[PDB]
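The following structure: rafoxanide with Transthyretin.
By convention here, the chains are lettered A, B, ... following the listed order of sequence lines. Note that chain A is numbered according to the PDB entry, with residues 10-125 shown in order. We number chain B the way the PDB entry does; in order, the residues shown are 10-123. Chain C is numbered as in the PDB entry, which gives 10-123 for the residues shown. Numbering of chain D is taken from the PDB entry, so the residues present carry the numbers 10-125, in order. First listed ligand is number 1; within each ligand, the first listed atom is number 1. Just so you know, these numbers use all the heavy atoms, side chains as well, and skip hydrogens, waters and symmetry mates.
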Amino acid sequence: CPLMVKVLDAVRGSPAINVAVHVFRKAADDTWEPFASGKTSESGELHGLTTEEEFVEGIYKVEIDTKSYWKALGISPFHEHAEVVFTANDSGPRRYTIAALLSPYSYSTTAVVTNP
Amino acid sequence: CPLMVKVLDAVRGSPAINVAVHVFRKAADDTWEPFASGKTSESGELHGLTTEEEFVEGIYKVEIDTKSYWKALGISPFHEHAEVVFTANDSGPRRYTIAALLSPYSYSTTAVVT
Amino acid sequence: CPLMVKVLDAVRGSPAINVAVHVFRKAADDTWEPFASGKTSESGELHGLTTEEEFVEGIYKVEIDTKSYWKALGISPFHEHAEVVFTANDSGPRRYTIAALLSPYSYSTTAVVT
Amino acid sequence: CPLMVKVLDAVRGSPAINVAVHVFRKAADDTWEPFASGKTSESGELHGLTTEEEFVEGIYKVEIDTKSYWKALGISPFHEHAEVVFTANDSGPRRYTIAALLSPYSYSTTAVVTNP
Ligand SMILES: O=C(Nc1ccc(Oc2ccc(Cl)cc2)c(Cl)c1)c1cc(I)cc(I)c1O
Ligand SMILES: O=C(Nc1ccc(Oc2ccc(Cl)cc2)c(Cl)c1)c1cc(I)cc(I)c1O
Ligand code: NA
Ligand code: NA
Ligand code: NA
Ligand code: NA
């Protein structure tokens, strides 16, 4: 599991459950190729997106569908989504955890990068 | 204006208006003594807390009454308040902006020292 | 000034100066077309991006070149940039401030809509 | 484990390891009574602070010694510490996770509250 995503809800003080997450990788022609997708669990975590073999060097985009999350709670939020774009594995394989903290008009994102 | 406080509301996407803010300075007996007070304006800002002459080296605490702010909006908050504790003017006067971004179960605070 | 961007540096406690910012608007073919551009001032602010007449309903992307900012300081960053994507003026003109707080491995963004 | 603390470093993209954390509970005379303390592990997590029996209703303060953390890294930070003050267990026992994200001139804190 070299790529994990965790999402928290700053309004309710809870994991953000059932949030859709789409991962893309920049292709040779500069377009965003679909790479993996999933949804956060009851713990707010999304595991199993990829493998060490599949998760090669590249520029990756993680798009978290925060708009659908807020709308289901009856809230009209500001952002269309929360996105994280980063170069991965440039100095060799690493494990990446992307965390996002969500409010209707704000989000914060952080990465922890570890060397296995 | 060597010390300014700005408060924003991450739920409504607005300045946080009428938020009570108390500033304390640590005294020799390690007690917090009142130093300045006010409430945020319609822009979420609190100016005129102190003067350069009064704002000397020390440890300061800025206490933002976030609980009363959320209660006024009918929202149950987690924190009793948001406190920001820092050393100021330990190398002579400086200008300090303390910004706070509020959510019911989270807050962020940053300092801009110019 | 219906759209303003402010960028702060959480490592140095300062405005983030000379940060390149590009604004795009989503077109009918779902491509991002250039809409406005600039760089933050010495106060970390970018004003004068658009006018009320030009800033119509649409989906907008504000792309902040955070990587170049950290590289200029000799600091290795995580993100390629910070993007903020939002729908604006879908109920008529509004005023929008997008603030971003930057750290090498983290950023926060908030909108104040007045 | 009804009270857990997690601390992350936003400059390095890592857990904040060996960070001292002091917990206090407001006493009947309005003073802060020492309640528990510990330090974050190699994962940035501090477990085992208290028990269900010990962690009664009250107003609690969690003080995270961010100044010593930054100074050990050669950085002179802004804050003396990061503190979180909250009423706990008012509607019955809950589990609290307090997370803090640290930068030299900024910190963010969030709570997740769950009902066991
Ligand atoms: O933020 C993080 N971790 C976390 C985990 C659990 C937390 O609290 C609960 C409690 C119960 C439930 Cl069900 C869900 C969440 C909280 Cl507040 C925070 C986190 C962020 C990054 I970048 C990297 C790693 I590696 C992390 O671990
Ligand atoms: O965060 C800051 N500044 C800011 C200013 C304006 C903003 O947007 C509006 C728009 C209309 C209104 Cl009425 C209120 C707020 C937002 Cl969001 C943020 C800020 C934080 C620090 I540390 C230091 C300085 I120096 C700052 O400026
Ligand atoms: Na390489
Ligand atoms: Na000194
Ligand atoms: Na409309
Ligand atoms: Na009760």
Where, by number or letter, can rafoxanide be found in the structure? ligands 1 and 2
Which chain letters come up when looking for other chains with a heavy atom under 4.0 Å from rafoxanide (ligand 1)? A, D
Subset of rafoxanide (ligand 1) atoms that lie under 4.0 Å from at least one heavy atom of A:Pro24: 13 (Cl), 14 (C)
Which is it for D:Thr119 and rafoxanide (ligand 1) at heavy atoms under 4.0 Å: side chain, backbone, both or neither? neither
Residue A:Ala108 vicinity, atoms of rafoxanide (ligand 1) by number, heavy atom under 4.0 Å: 20 (C), 21 (C), 22 (I)
Identity and separation of the nearest protein heavy atom to atom 16 (C) of rafoxanide (ligand 1): D:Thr106 CG2, 3.8 Å
Residue, atom name and distance, where the atom is the protein heavy atom closest to atom 11 (C) of rafoxanide (ligand 1): D:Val121 CG1, 3.7 Å
Is the closest N or O pair between D:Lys15 and rafoxanide (ligand 1) shorter than 3.5 Å? yes
Side chain, backbone, both or neither: the part of A:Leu17 lying under 4.0 Å from rafoxanide (ligand 1) by heavy atom: side chain
List the source organism for chain A per the PDB. Homo sapiens
How far is atom 14 (C) of rafoxanide (ligand 1) from its nearest protein heavy atom, and which residue and atom name does that atom have? A:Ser52 O, 3.6 Å
